[PDB]
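A look at one PDB structure holding BI 2536.
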Amino acid sequence: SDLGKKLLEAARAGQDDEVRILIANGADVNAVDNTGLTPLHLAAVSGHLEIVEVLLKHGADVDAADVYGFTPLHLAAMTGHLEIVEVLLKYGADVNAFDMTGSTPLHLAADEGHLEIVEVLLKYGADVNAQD
Amino acid sequence: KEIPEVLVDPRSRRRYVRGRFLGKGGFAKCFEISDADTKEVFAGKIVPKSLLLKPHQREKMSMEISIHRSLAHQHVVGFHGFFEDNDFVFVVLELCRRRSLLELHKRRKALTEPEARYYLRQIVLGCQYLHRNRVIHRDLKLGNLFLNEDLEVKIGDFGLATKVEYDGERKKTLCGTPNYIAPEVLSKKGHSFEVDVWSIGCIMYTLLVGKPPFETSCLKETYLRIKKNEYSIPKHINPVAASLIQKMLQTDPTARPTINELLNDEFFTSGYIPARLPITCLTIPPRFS
Ligand SMILES: CC[C@@H]1C(=O)N(C)c2cnc(Nc3ccc(C(=O)NC4CCN(C)CC4)cc3OC)nc2N1C1CCCC1
């Protein structure tokens, strides 16, 4: 089939070994599904830290935006996956990326009560007065 | 041929800067537009007058506008005005920044029951308002149930809507093809408010089950199933919900709950309705209680 589709499914399902195999077989790390979710989005939102790292090491676009305007960092922040937030920031995720409500990962983290995330985002330059 | 970069309403004096492209909405191109003064952002529907052949597309345009502009409710897309130049009709609507239940559905498939309950209640309240104002929507579907920043449902897209003008009026004509065809639309008998209850039935099924109730790979087989009322609710669906689906998805339109009776079903008056859906619910299932 399409290796891209397979890589989307593997990243979602948290299949570490499948992700590596598919990447070695030339799967597009920047494949998108029908609502703009990339493997990085899917891994990030599902808490799959190992897969997030593998994707980033292979040059996955850290600021790809889905149909809502969510970057992987938005999704990680809203789900409370601290380690994934950290690694995304380390690969230069835009800490002030705006979704289509003009919300940044900090807004979303704060709204969901993920306060450890809020503090990390602040550490890496999140602007509380960021505005679209 | 070329859409103006700035939209000027002759009447109200309001001027709107054309922003990012949102997609086609039928014959219309849609854009984020922002008031130059107040800086409010709206969804602009821009229809070329070239595509408004006098038949079913034109008076349809007038009907959508006539009906929508007369509406104002918590669960109906805000109507903010309309105007025209020599080349285009411009409709200013509420921008619904969390897309529609279509996008949700594509990502989530089957929702949890509390989610379905949360969304369905708003859909029903919105539709009750329409029915009380003698409006049948006639084309309720995932793609025209928009969500705002608070994940409140807003009913949009009144392109197939009609106003019941007298009591017991049987509508015989639609200016297009509904997404969910009610059995009475397939028949010669005509139709009325119960077509929205049918579509809400289909929607509820889709939200809970994760696939449409009737649709197959062949339209003929689909239409045949509709007329024979052939569908199956999977056994994992809870009884109250299943029962409510069965009440809505009945061939005889008079046998279905009215929108008010629908609102007052056990499905809504019992069972959990979350105070809030977390924004994660657009992408992954949420945990409750
Ligand atoms: C105005 C028409 C109709 C309507 O009636 N209302 C009320 C509406 C209210 N709000 C929206 N909101 C948004 C709709 C699309 C987008 C967006 O990002 N779209 C695409 C993403 C993929 N890309 C390649 C192309 C752009 C963002 C929206 O909100 C921020 N859309 C509405 N639509 C839709 C407009 C296109 C279909 C119908």
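Each chain is given a letter, A onward, matching its sequence line's place in the list. Since chain A takes its numbers from the PDB entry, the residues it shows come out as 12-143. The residues of chain B that appear here are 38-326 by the PDB entry count, in order. Order of listing sets the numbers, starting from 1, for every ligand and every atom in it.
The chain sharing the greatest contact count with BI 2536 (ligand 1) is, according to UniProt, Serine/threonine-protein kinase PLK1. Other chains with a heavy-atom distance under 4.0 Å to BI 2536 (ligand 1) are given as A, B. The 4.0 Å heavy-atom shell around BI 2536 (ligand 1) contains A/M111, B/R57, B/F58, B/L59, B/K61, B/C67, B/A80, B/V114, B/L130, B/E131, B/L132, B/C133, B/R134, B/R136, B/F183. The deposit lists the name of chain A as designed ankyrin repeat protein 3H10.
For BI 2536 (ligand 1), the atoms closer than 4.0 angstrom to any heavy atom of B/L132 are 10 (N), 11 (C), 12 (N), 29 (O), 30 (C). Close contacts of BI 2536 (ligand 1) with A/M111, meaning ligand atoms under 4.0 Å from a residue heavy atom, involve 18 (O), 27 (C), 30 (C). Protein heavy atoms are absent from the 4.0 Å sphere centred on atom 22 (C) of BI 2536 (ligand 1). Residue B/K61 has at least one heavy-atom neighbour below 4.0 Å for each of these atoms of BI 2536 (ligand 1): 36 (C), 37 (C). In this structure, the protein non-hydrogen atom closest to atom 33 (N) of BI 2536 (ligand 1) is B/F183 CE2, 3.6 Å. Protein heavy atom closest to atom 2 (C) of BI 2536 (ligand 1), with residue, atom name and distance, is B/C67 SG, 3.6 Å. UniProt assigns most of the residues of chain B contacting BI 2536 (ligand 1) to the domain Protein kinase.
Distances between N or O atoms of B/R57 and those of BI 2536 (ligand 1) include at least one value under 3.5 Å. Residue contacts with BI 2536 (ligand 1): B/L59 is placed with a nitrogen or oxygen under 3.5 Å of a nitrogen or oxygen of the ligand (distance criterion only). With respect to atom 17 (C) of BI 2536 (ligand 1), the closest heavy atom belonging to the protein is B/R136 NH1, 3.5 Å.
Near B/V114, with a cut-off below 4.0 Å to any heavy atom, the atoms of BI 2536 (ligand 1) are 7 (C).
In terms of N/O distances under 3.5 Å, BI 2536 (ligand 1) is not approached by B/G62.
Heavy-atom distances to 1 Å put the closest UniProt active-site residue of chain B relative to BI 2536 (ligand 1) at B/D176, 11 Å. Set against the non-hydrogen atoms of B/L130, the atoms of BI 2536 (ligand 1) under 4.0 Å away are 5 (O). In chain B, BI 2536 (ligand 1) lies within 4.0 Å of these UniProt ATP-binding residues, judged by heavy atoms: B/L59, B/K61, B/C67, B/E131. Residue, atom and distance of the protein heavy atom nearest to atom 12 (N) of BI 2536 (ligand 1) are B/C133 O, 3.2 Å.
Counting atoms of BI 2536 (ligand 1) from 1 in the listed order, those under 4.0 Å from a heavy atom of B/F58 are 26 (C).
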